[PDB]
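What follows is a short report on a single structure.
Using the numbering of the PDB entry, the residues shown for chain A are 11-379, in order. Every number for a ligand or one of its atoms is a count from 1 in the order of the listing. As a basis for the values below, the full set of heavy atoms in this structure was taken, side chains included, without hydrogen atoms, waters or symmetry mates.
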Amino acid sequence: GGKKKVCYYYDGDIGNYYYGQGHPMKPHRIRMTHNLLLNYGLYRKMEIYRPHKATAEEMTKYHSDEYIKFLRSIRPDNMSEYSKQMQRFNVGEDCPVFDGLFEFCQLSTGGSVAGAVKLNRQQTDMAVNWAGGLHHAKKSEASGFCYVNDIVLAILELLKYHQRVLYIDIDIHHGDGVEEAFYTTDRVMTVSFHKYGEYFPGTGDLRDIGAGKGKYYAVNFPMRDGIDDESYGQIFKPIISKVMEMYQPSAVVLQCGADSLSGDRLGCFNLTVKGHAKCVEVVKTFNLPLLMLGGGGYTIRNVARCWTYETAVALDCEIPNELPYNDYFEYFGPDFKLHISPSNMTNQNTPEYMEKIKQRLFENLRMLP
Ligand SMILES: O=C(CCCCCCC(=O)Nc1ccccc1)NO
Ligand SMILES: O=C1CC[C@@H](c2ccc(Cl)cc2)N1
Ligand SMILES: [Ca+2]
Ligand code: NA
Ligand SMILES: [Zn+2]
C-alpha cells in the first residue's frame, strides 16, 4: 500500500514534568525516545510538529466542566484548600498534584487532537503522539496516572469525518476509560489486550462486550503473566483481521503502551520490541488512517527502544541494532543495542487458553450486522 506519510508530535517541555520522588511514571522517557530517534536520523523521513496546548473548550468535549476547572486550579501550594475535590476527582495518590500539571495535560492532549485533525484533513496517513495514550482518565475522574483522556478526545475529533473508528490497545493494562466512553455506541469499537486478574484497573473481562447500541462493540482479551512474542502474535493478527472484516472502520487509533515488554517495572509480560512492534506492522497493513499513541512504560530504556523502533516501522525504515550515540547513551548499557531479549519467566498463557479465548471472541464478532 506504499510507504506512508508520517506526522510526529513532540514538545521538548514534556520531559521536564515530574510526578514526584518514587513515582514510576517518568515523562522524561518521551525526551529519551525523541533523542534516540533523532540520532538514528528518522527526522529526515517524517514531519515533526510541536502540538498546541489543548484548551478547556477542547477538553470539555468529553470531560466535565467541574473536573477541568479543578485541573486548571489545583497546585501543590493550594492542595489543602481542595481536599474534598481531590478525593472526588481521584487526585493525590496514583495521580499526584505536581507543578505544571494542567500544562502537562494540555501538551499530551494537544498532540493527539492535532494528529486526529491532520488525519481528518487527509494531510497524513499516520500521526504519532508518544506523549499520548492516557487510556484510564474518565469524564470526571483521574485514574492510573492519567488526568485527561487524549484518546477519547482524539476519537471524538475523528468521528466528525469517520462513521466508524477502531481503537486497539496493546498496553498491558485494560483501556477502561476509552471503553467506558464508547461502551454504548457502535461508532467506536474498542479492542483491548491486557493482563487480567489481581491487576490494575480490575476491568476488561472477556464477558464485557458493550451495552445498548454498543453491544458486541467492546472486545476484551484477558491474559495471564508471561506472554511471549509467539503467543501474542498468534492471537493478535487473527483477532484484528476478523475485527477489520466485520467492523470495517475508516480510521484506527492504536495505543502502544510499552509496559507489555519483558522487564517492565510494573508489567509481567515477556514481549520483545520486535513482538510489540509486530502489532504496529499488522495494523499498518490495513492501509487506514492511523493515530499511534504511547501509554504506560516504566523501564524507560526499553520504552525509548520500543517507540523508536515503532516510529521506524511506521516509516518502513530499517535501522541498525547498534544504538547510535545519544544524550542518554549510558541508560542503554550494558549492551547498547536497540532490541531486547525475553526473560525466562514462565508463560502462564497456555496455547489452549489462547485459542479458547480467541474462539469466544470470534463468536461475539459473528454477532455484528
Ligand atoms: O500503565 C498504566 C497505569 C498503571 C497504574 C498503576 C497504578 C498502581 C501503582 O503501581 N501505583 C503506584 C506505584 C508506585 C508508586 C506510586 C503508585 N496504564 O497503562
Ligand atoms: O510520559 C508521559 C506523557 C503522558 C504521561 C502518561 C500517563 C499515563 C499513561 Cl497510561 C500514559 C502516559 N506520561
Ligand atoms: Ca491493553
Ligand atoms: Na463501543
Ligand atoms: Zn499500562
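Here, the main chain in contact with ligand 1 is recorded in the PDB entry as Histone deacetylase 2.
The drug candidate or drug found at ligand 1 is named vorinostat.
Here the protein heavy atom with the shortest distance to atom 1 (O) of vorinostat is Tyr308 OH, 2.5 Å. Measured by heavy atoms, vorinostat lies under 4.0 Å from these UniProt Ca(2+)-binding residues of chain A: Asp181, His183. The shortest N or O to N or O distance between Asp269 and vorinostat is below 3.5 Å. On a distance-only criterion, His33 and vorinostat share no N/O pair closer than 3.5 Å. The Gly154 neighbourhood of vorinostat comprises atoms 3 (C), 5 (C), with distances under 4.0 Å to a heavy atom of that residue. For atom 10 (O) of vorinostat, the closest heavy atom belonging to the protein is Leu276 CD1, 4.0 Å. Counting protein heavy atoms only, atom 8 (C) of vorinostat is closest to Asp104 OD1, 4.0 Å. The nearest protein atom to atom 18 (N) of vorinostat, hydrogens excluded, is given as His146 NE2, 2.8 Å; this is a heavy-atom distance. When the UniProt Zn(2+)-binding residues of chain A are filtered for a heavy atom under 4.0 Å from vorinostat, what remains is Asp181, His183, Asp269. If you check which protein heavy atom lies closest to atom 16 (C) of vorinostat, you get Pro34 CD, 4.1 Å.
For vorinostat and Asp181, the ligand atoms under 4.0 Å from any heavy atom of the residue are 18 (N), 19 (O). Atom 6 (C) of vorinostat has its closest protein heavy atom at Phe155 CZ, 3.7 Å.
Taking distance alone, with nitrogen or oxygen atoms compared against 3.5 Å, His145 approaches vorinostat more closely than that limit. The UniProt active-site residue of chain A nearest to vorinostat (heavy atoms, to 1 Å) is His146, 3 Å. The binding-site residues for vorinostat (non-hydrogen atoms, 4.0 Å) are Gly32, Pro34, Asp104, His145, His146, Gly154, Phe155, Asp181, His183, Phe210, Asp269, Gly306, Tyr308.
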